[PDB]
Each structure stands twice: as structure tokens, then as C-alpha cells.
Amino acid sequence: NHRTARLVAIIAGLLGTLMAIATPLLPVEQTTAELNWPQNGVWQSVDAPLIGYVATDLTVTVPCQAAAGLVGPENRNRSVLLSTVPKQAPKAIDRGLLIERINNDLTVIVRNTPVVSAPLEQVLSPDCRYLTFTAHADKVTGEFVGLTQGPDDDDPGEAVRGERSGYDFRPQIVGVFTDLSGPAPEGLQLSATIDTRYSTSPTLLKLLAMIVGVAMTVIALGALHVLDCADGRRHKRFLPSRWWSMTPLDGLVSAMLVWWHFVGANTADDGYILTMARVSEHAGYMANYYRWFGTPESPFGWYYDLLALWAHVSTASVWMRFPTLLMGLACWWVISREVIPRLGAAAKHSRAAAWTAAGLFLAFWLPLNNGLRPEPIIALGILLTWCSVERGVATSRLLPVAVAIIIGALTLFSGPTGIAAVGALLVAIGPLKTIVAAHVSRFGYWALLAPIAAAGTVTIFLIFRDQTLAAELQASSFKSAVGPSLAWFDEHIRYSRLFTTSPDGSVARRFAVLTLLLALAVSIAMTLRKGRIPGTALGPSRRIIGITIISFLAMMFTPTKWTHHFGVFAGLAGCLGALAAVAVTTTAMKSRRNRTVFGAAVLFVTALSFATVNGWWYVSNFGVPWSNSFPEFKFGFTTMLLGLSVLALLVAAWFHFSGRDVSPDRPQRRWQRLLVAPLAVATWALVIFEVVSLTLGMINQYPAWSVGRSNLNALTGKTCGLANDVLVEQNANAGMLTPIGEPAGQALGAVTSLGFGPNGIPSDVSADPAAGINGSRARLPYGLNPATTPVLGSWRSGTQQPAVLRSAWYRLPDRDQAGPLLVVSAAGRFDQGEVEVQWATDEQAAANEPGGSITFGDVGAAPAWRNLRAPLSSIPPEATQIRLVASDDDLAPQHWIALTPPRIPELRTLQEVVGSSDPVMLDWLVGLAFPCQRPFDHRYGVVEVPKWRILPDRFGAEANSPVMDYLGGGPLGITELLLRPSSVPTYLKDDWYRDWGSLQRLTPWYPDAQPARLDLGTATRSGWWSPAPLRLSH
Amino acid sequence: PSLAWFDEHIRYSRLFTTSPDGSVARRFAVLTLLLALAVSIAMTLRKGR
Ligand SMILES: CC[C@@H](CO)NCCN[C@@H](CC)CO
Ligand SMILES: [Ca+2]
């Protein structure tokens, strides 16, 4: 109550609003970086892979006598004079630049289309002084400076050139490669300015504007509080009343949250966000790493920098997901201490409301919010927005309304799914009008509405603290043009994915969404039928229902329609659980006909939930019951629950036609007390189902790896993840067994071989990432030496006769210097028991008798080379000599079999082979299971060349690799041209027949290509500056 | 081809395609029927009738 607090509020609020409007347009400081190619004055290939795929400018100028060492005798395999891609790549011709020599003409192919050409003896003339070339976003142009055309289609005497316009013909650069070796001549200057438009930094003026704007916003809200305390009333607390205490229900919810934090399924996007947050410190900005050309997360993701600071202690999965655990605890304590005692007296004194609020909270939290996504932030922000607004209405004060505006604008920019907070923002307009219209008669309009504007615009200092306005606008338009962006009428796709048979449409997610819709419909029907739900307050009940409906309507304007975007309803679900429990009791709903119909509806949506699989994501699915089939004991849970639903309808019809009630009949029993809360029983039954299913998944694979076993190992060191339980053989030529009779040639097909193909495999289908010891000419996988490994086969191009193969006797090693596996490699499509092992002792093989038989098992895509494996625990400890055996059961020419000799591999773990220092190309799924391995960096538009690659399993790799491909951005558009892959044998340490994924080596085409060095500078740019358009690959 | 009772979402998934099954006329008819039914149910709940 002072005039000074009425002047300070106006002045500070207007200054904060002006400094917030001004700050996206203030200058920055770009770091300019260009590539001048001849580094030390010699012909040497360099390696500079650009992340935006193209430079904003390119200029090469080759003299005449540079190409003197390009033609001569027939000892010249030297084709290219200059390139921006390695010529050995399959896609090198239709993506980059070449000044390659076709047989007698020196031509430069740019983006698959020729630009200029000339005969080579005319280039080596004393004319043709240059080979000027230039590339831009509108035209490319080449020119032989010195000569003209001859007797051809063009008239001679026109000074030969070539231009291509009307399309973006800029070449992709992954380095500058060549095929010469001498000292470089004069001239010969390639130059390219790299697009480092996001490598900015604030200037002094922008930094002072951000500091002064935040200070003025704080001073304006302090003056707003001094105005609000004019009526004589003091503080006396901040928190609710029963905050520092525990009950049994709080202990139960806390125990379920902690145990799900350890043995719990994770979401899909955790390695994505962890890899982004790990590389963003060296990059200097927050780039989206797997897609869209290195464009940043432009207004969204203010908290990824907090995750990047949080990850300096350790990158373990129990450490990185600990703020999400704290958000879940805070969310339930806000629900039970602030919302439920606010919704009335019948909601506050009843216990069934508390139990079903806890149940719907856990049923939304557990399948949907165990990760690094922005979903818990948005859920807790919607609750805190509603609680601040609801406290502003009661005490009739404006400062909690301004705090709610700050929190709502803060959670609006967590992710694109944060648009659900506009429900809690739009419901808070009527209350704000009611509060402002009461105070305006003694303070005014400016003094009450300038801190509201300052608090509304304080978030622009957080969005635009690193980027400019032009960068974020053009990047958002470009991401909408390139990537997957569905419109508002494609909202049915989210609900079509909810009803699939996949991890998107599993039991838990489907149950959560259908139970939310049921509780919302019952609350709306009881609000329409009576005036309100009877024992509850009017305003808060209305505002809960309105916020939930506007959240459902606002969720259709998101660019992607996924199923894990329903995790924003985890705070509203406890509130609707309390309302839908009060709306069902005998005090509110008086007829038992209606209560039996509601119980039947609960049973019907529970029946509809179990009509799918118990499927979870990538490695959360190991060992889980019913993870690939419908849950059933003998019939199916869905048919049993449908029968119970029909029986409940028949009981309701008998209640209808008999004309009977309950109030002088059933006072209280124990099952009658259990029966009146259908939502509590259904929600806690599904919560116990989920928790017990992942605990049993952890128990079924105990010596093998599981998610929960790694999270419980992490309490005692061992924070590497899956990298300790994957065995890797580097050299696949090491543990070959030795035969007893003839040497290592024909000893594969020693004693019986009819239909044996030493070159009898199809050369076209059998392919994986001369002369042989068997006379073979086939390609061997996994780095097998053709001079030591014989190959047989069972394929032919004529009429097919049956084939029987029977090997020689192979000596077995000692039982301490032997690995856990016996491996043969095999190609072709065949059945389970086609290839077998036949072990014997010394005297059993001297008598030529079987002695035993085990069968190989297989993991792999057929018909390509794969590894067949069998443990040595299946071979009894008295066996000394083994022998292979094979037979093809007809099935026409397409069916076949290929075979190599037996091998006991010498295995090391993946943490010892792939260390913690080499750059690894991780996929966007394999990020939280491999936390010790580091991804590759990028600093000024140039990326670091990886050495390894880790993939998911085959079903997961063939459906998720189009995120990272060439058509969307992606680092698989760079390594597709620069590097060649090579598979490595890898086995899961105790669950040998499981497809965990795969590992690859990445080898350069030119091994003598050093990294480049860039010439750095500093330029002061403005807030609307833009160097060049963003080229989209189409 | 015989789908079960829990495959009832497939009829609406076909209604929201871009094909002669999900054309303008059929989609308008079904959505207008659902709108009129919801308004009738809401007015029957709110008042007596
Ligand atoms: C195609 C993969 C999807 C989800 O499955 N990832 C969504 C993108 N992740 C966002 C941040 C988690 C970045 O835009
Ligand atoms: Ca055959």
C-alpha cells in the first residue's frame, strides 16, 4: 500500500517488456571457417565431412600442367584429378563433384550432370591456362580458360563454358580427394566457406539487454507483491498443511516408484536425448544430431543444457533418470496434499478417492514417463499452473497468477507436446478478470497489467539466449518442409497406433487411455445430470473438467502423432480419479442399477485392454511373459472379462425389472466394501500386473543380461550397461579346429560329399558387409581367409539331386583353454535339424559309430552368411573328436546350404574391444544400454570420423534407420560415402540364441587421408542475417 | 476374412482414409450422426427431457 510500489511496477514492467521484445534482433558474433585445400604444398587427400552437406560457396581453379601426371602408359589407373567424394563409393557420382578423366576427355561431373569438357591433348596444349569452376545456390559454372570449341555442334570461337541454373546443384563434400602424389604446382586453390551459421555467441549489447530485462522482471513482480499485500493479511506459510508427514498410501506409491526406477522399462527416446546432450557442449550449440542437417532445437529444449551439466557426474541409467523420479514424487505429493483437499469435503474424507487417484497416477506414470522425455516436466507444470491459478482465485491476489503465467510459458517450450498447457492458460482468463476488476478501483490499469506483460515475456530471454531470430524461423520452416509433419486432421493416426499389436499399442498404454476417457465421461455426465458432483466444490471441479477437455483438443496440433504423448495427462489423472470416485458412491449415485452398469463398463474397457501383446521397447522386452502373444491361461483374458461384463449387464437388468434397491439391505460387509470402488480395483490390478511382469522378466534371464540386473549392478560399480555382456571375436581365423586325417583342404568334405559346390553358391544373394584352398572363388564374410578356409555348398543351376555331406574327425581342445561356443558359418535357406554335430571318443571313432548328436541353432537373415552356434556344455565331457553332417530335403533349386569348417572362437567383451575413447556411431535406440561408449563430435560444421557402429536387431534396424538416412539429414548420408562397413561376430554372454543387435567396423576408402585444418575468423552479424538458402535433398 | 469384436476400430480407420471408403459424403454422414446423438444425450441428461 504505497505509491512507490505503484510507480516501480509500471516502470519495471514496461522496461522488461521492451527489453524482451528487443532481444531476438540484437547482434551476435559468428565464427567463420573456410577450407583451403593444399595444406603443405603437396598432393595429399584430406578428410573434412560437412554436417550441413554443402558449403555456402565453392571455388576451384586448376592449371594445365597439373593434369600432366594423368595420362601416359597403361600403368595409369589414376583417374580423378580432384573430387569431393571418394570415387569408390556407389553414390559418389550422383551426389558430389569429380574432375575425373573419362577415357580421352577431361570432364567435371557435378551432381550427375556434365558441366564442361575438353580433349586431353588440347588441354595439354600451351593454351588452356586454367580450369576455373564456381558453385553457388543458383548457378554452377566451369570454364577452360584459353581454348574454344572445334568442328562440333557449337560454333568454334565461343570460349568454352558450361552453366546449370534453375536448380540447386551444390555438391556434397566429405573431404577433398585426389590420385596424384607430387609437389603441387602454382595456382591450384580450392576454397569453400563452411556454413557455420549456428556457431554464434552473444555480443555485449545482447548480454546487457538480457541481464537488465531479467532484473526488471524480478523488480516488477516484487512491486506486484507489495501491491497485493495492501489488504492486511500476512504470509504464515508457503506450503500446504500436512506436507511433512507420511501415510501408508504414500509409502506404497513411493515403493512402487522406486522399484520401477530400478526394474523398469524405458521409453524409446532416451539414447536420442542422451547423445544430443552429450555432444552439445563441444559443438557449442544444441543441435539435433540424427536428423535435419545440423539445424538446432530452435525454440524447444531449454533443459537439455541442464541434462548436459547433470551428466558430468556419471552417464549411468540410474543417475540420468533420477530427476524424473523426483518429479514423480513431487507430482504425487502435490496431488495428495494440494488438489484432493481442495476438491471438497466428500473428496477429502473418503479413502476410495485416494486409492483410485493413486491408481490412475501410477497407471499413467509407469508405462509412459520412465525416461528423459519432456513429459514429466509438462505434467508437473500443468499441475503447478492449475494450483497457482487456484490459489490466486481464493486469496484474491495477482502474484500467483503471474507465477502461473511464468510456469505455463516455461513448460510451453519444453517440447512440441507442451501445447497442452494452453488449457490451464485459457481457463485462467475468467478468474484473472474477476481478480483485476476488484483491485482496479485503487491502483489502476497500468499498475496491475504491466507486470503481467513482463512475466509473460520473460521466456524470450531463455529461448533466444544463443540463437538469432532468422536462424530459428528459417530452421523451423525448413524442418516443417523436410521432416515428418502431419496436419491437424491426421489426429486419428495417434488412436490408430494405440490399437495396433506392437509396443505402441500394448496393454498398459491402452488401459491408461481408456480408463482416462471412462472417468472423464462419468464426471461430465454427473456434472450435467445434477447441478454438480454433490459433496464437492463447484469452481475447482468445473476447472478440472475444462482443462482436461481443452488439453485433449489442443493435443491435435502437434507435428508428430505418437502414443507416448499421452504422458502429459499423468497429473490430471489423479484429479479425475478423485472426481470419478466421488461421482460413483451411494451418496452421489443413488440407484444400484446405475452402479452395476458402471461396473460393467469398467469390465468392458478392461476386456478391451487385454486384446494385444505385453510388448515393451528395445531391451526392456527380454524375458517378459506374453511379450509376443495375447495373455491367456487356457482361453484368453479378454473373453473371460467380456463374459463377466455381460453377466454384470444381466444383473443390472434384474435390478431394473425387479424394482429393488440397497439402502435397507446391504449396510456394510468386506467384499461389499471392496465392490463399490471399481476403478481402484481395476487400476491397482493393472499396476500390479505391469510391475510383476517386468520383475519376472528380470528373474527369467538371471545369468543373462536384463535391464533390472544392470541397474542393480550399478550400485556397486559396473556402470557400462550391455557392453560387459556382449562377447566379440576380433580375428575370425583364430580358433579353427584341426583334423585327424587329411590336411585343411578337402577335410571338410572328406569321407562323403555328393553335390558339393566349391563354387556352388549363388553369387548375387549371398553378400554381407580368384583362387582358394578348395579351388573356391567365393567371397567370405567376417574376415575369413580364403587361402585357409575351404567352402562347400549345395546349390546348382540345373536339375537338383539330393546331397549328403559328412566331414572328417576334428580334434577337440582341453576344457580350460576352450571358449563357451562351437561355431560354424553357413549360408542359404534351410531347416532346423539339417546340420548336426556327431561327437565321439577315440575308440568310438576308431569303430566309426555315431556316439551322439546335437543341433545348431540360428540367429540371422537367410539366406546370407551367418553363424551357427552350440555350447560346449551340450557336448559331454568325454567326447574328444567331432564331425559335421548335412542333408538337403529337396524343396527345389532355391533351397540350399553352404558350409565352412568348425571353430571355437576366442572371445573378448565389447568394452575391451570398443573402448571408451574411440568415436562410435550409435543409433538413436542404442544409447542408454551403451553409456560408456562415446559418440562422435562436430564443432564447426565438420564432423569427426567414427570407427565403429552399433545397431539394433534386424526388425528394429529395418524400421528405424530411415530416421538417419540421406533424405532427412542424418549421419548415414555422410558415412555412406566416406566409409565402408564390415561385420564383426558378436554373441550375448549367456543367452546365446538371442538377437541383441550387431556391431560393424568402419574403414575409410582412402587410408592416407588426414583430417583437414580450418582457417578461423570472427565476424559480427545482425539478428536477421542469413548467408544462403538451406538445401533440402528431394 | 473374419475379424473379432475387438477389431471394431478398423471400420473407423477405414472411414478416415483417403479413398472411396473415406470420402467426403460418408465421413460427413457418420460425424453428423454422432454430433446429433451427443446433443440429444446431453439435453436428456441436463434437463429431465
Ligand atoms: C522417429 C523417432 C521419434 C520417436 O519415436 N523420436 C522423436 C524425436 N525426438 C525429439 C526429441 C526427443 C526430436 O525431435
Ligand atoms: Ca536343393
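Each chain gets a letter, A, B and so on, in the order its sequence line appears, and its residues count up from 1. Order of appearance sets the numbers: ligands from 1, and atoms from 1 within every ligand. Displayed portion only: the contact tally does not extend beyond what is shown.
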J.: Help me out: which of propofol, ethambutol, methamphetamine, brimonidine is at ligand 1?
T.: ethambutol
J.: What is ethambutol bound to here, taking the chain with most contacts and naming it as the PDB entry does?
T.: Integral membrane indolylacetylinositol arabinosyltransferase EmbC
J.: Which other chains line ethambutol with heavy atoms at under 4.0 Å?
T.: A
J.: Please indicate which organism the PDB names for chain A.
T.: Mycolicibacterium smegmatis (strain ATCC 700084 / mc(2)155)
J.: Tell me which other ligands or ions sit closer than 4.0 Å to ethambutol.
T.: none
J.: Quick one: what's the binding site of ethambutol if I count heavy atoms under 4.0 Å?
T.: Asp269(A), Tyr272(A), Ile273(A), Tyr304(A), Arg373(A), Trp562(A), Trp924(A), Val963(A)
